[PDB]
Student: 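Structure with morphine attached for reference.
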Amino acid sequence: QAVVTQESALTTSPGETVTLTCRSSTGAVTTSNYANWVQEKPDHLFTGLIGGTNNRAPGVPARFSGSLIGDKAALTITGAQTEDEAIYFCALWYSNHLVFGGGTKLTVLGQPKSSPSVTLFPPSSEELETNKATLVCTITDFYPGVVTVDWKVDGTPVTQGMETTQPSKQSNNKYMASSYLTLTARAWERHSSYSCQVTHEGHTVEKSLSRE
Amino acid sequence: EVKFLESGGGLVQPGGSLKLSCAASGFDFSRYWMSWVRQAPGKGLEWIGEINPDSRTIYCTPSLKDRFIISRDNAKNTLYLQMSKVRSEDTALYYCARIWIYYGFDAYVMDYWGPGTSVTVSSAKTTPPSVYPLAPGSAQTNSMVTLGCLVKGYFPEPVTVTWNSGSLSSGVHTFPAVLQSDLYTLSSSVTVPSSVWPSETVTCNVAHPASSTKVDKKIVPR
Ligand SMILES: CN1CC[C@]23c4c5ccc(O)c4O[C@H]2[C@@H](O)C=C[C@H]3[C@H]1C5
């Protein structure tokens, strides 16, 4: 039941050096895991960059390199370019099957940091008449394109019935996302205070409302 | 130019079957290992398997050999994936990828990838969306106000959302769909001057081509 672990997200600036890592649940990564690195760019464009731990794929820019570092496989970008903003997947071989890590979103700062605009909407009266309630939290104009969203109802974090889209590009090249809280109408009626909390670059933006 | 094109995806019922094809151009396909990888919505890559040039060796993820058969036809320069007994968790984009083996025959990279073909497994019937207004709660003032449109529970994708029949376009944001209770939901928002709403009417228009429907929802204060 081998599991491959990567940083969820890293940020660097153009010209800097950044290293991404890749860990195995079986122990140290070795050359016998033949670590691969695959880059995902927008519109689901995948490209192999590194194979067999430290071989660049033919035609790949020299700023990409691979190595083992301690327990882990590593991808280093030495002199990052804005075009290197992308999701990077590592993949490790375990004798007879290949396992991908969860991917690292790499931001290479290509515009200023921008905090999210957050809007929280209550259920509509028309929806409530169907005995259902959906709260909607919209999140726009943020960069880097990484957020965490949490919901609270009368001080209770919601662990069932919340759903958040993965960030997607706006026409102005910032990012947007939406989050949903699904309740029954009776639940809506039985609670008072509702909050959507958006954390971006270590700061939380909170919007809340009170029913009725 | 090394180039791939996948086909054979689409909507299939649970327990149904389909065969995906990956056509390879620009290289001698009969000399390369070929692999299948997929990506469920919002998620990362999952390997499916790979097959060597003469098909004497196939490696596969153990959980999927029950459903999936990898094969190839070197005369057609094509890689195949037969999918049977399909399940909701098979909803994903499916990619083929070439295996490049380096000098020394002891290192590889998955160098070139196809653009992917989409498979959706669902028993949902065609379902038009329930469209609801998103208006601020009953109310402190700023110079702009953000309004919205909840497009709840439709099938299949897509819907098209406009504001005031296309006349409001700047600062409209229509968000990706989520899947809940086997139906799709998305939202759209628009920002207008506080002096404009609710004095002037703001309406979202939602069309669902598969239902041949198009509905309007005026955004009214709470
Ligand atoms: C993921 N997959 C790629 C192709 C293949 C392979 C690997 C490593 C080094 C190789 O040289 C190599 O070639 C084949 C096969 O011989 C053995 C394992 C498979 C595996 C890993």
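Naming: A, B, ... by sequence-line order, numbering from 1 per chain. Values below: every heavy atom of this structure, side chains too, minus hydrogens, waters and symmetry copies. For ligands, and for the atoms within them, numbers begin at 1 and follow the listed sequence.
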Student: Of all chains near morphine, which one has the greatest contact count, and what is it called in the PDB entry?
Tutor: HY4-1F9 Fab Heavy Chain
Student: Give the letters of all other chains that come under 4.0 Å from morphine at a heavy atom.
Tutor: A, B
Student: Does atom 4 (C) of morphine have a protein heavy-atom neighbour under 4.0 Å away?
Tutor: yes
Student: Using a 4.0 Å heavy-atom cut-off, which part of B:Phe105 comes near morphine: side chain, backbone, both, or neither?
Tutor: backbone
Student: Going by heavy-atom distance to atom 21 (C) of morphine, choose the closest among B:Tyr32, B:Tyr108, B:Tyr102.
Tutor: B:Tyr108
Student: Which organism is cited as the source of chain B in this PDB entry?
Tutor: Mus musculus
Student: What does this entry list chain A as?
Tutor: HY4-1F9 Fab Light Chain
Student: Could you list the atoms of morphine found under 4.0 angstrom from a heavy atom of B:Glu50?
Tutor: 1 (C), 2 (N), 3 (C), 4 (C), 5 (C), 19 (C), 20 (C)
Student: Determine whether the side chain, the backbone, both or neither of B:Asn52 has a heavy atom under 4.0 Å from any heavy atom of morphine.
Tutor: neither
Student: Checking a contact table here: which protein heavy atom is nearest atom 17 (C) of morphine, and how many Å away?
Tutor: B:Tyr59 CE1, 4.3 Å
Student: Can you produce the list of protein nitrogen or oxygen atoms under 3.5 Å from a nitrogen or oxygen of morphine, alongside each distance?
Tutor:
from	atom 1	to	atom 2	distance (Å)
morphine	2 (N)	B:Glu50	OE1	3.1
morphine	2 (N)	B:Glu50	OE2	2.5
morphine	11 (O)	B:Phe105	O	3.2

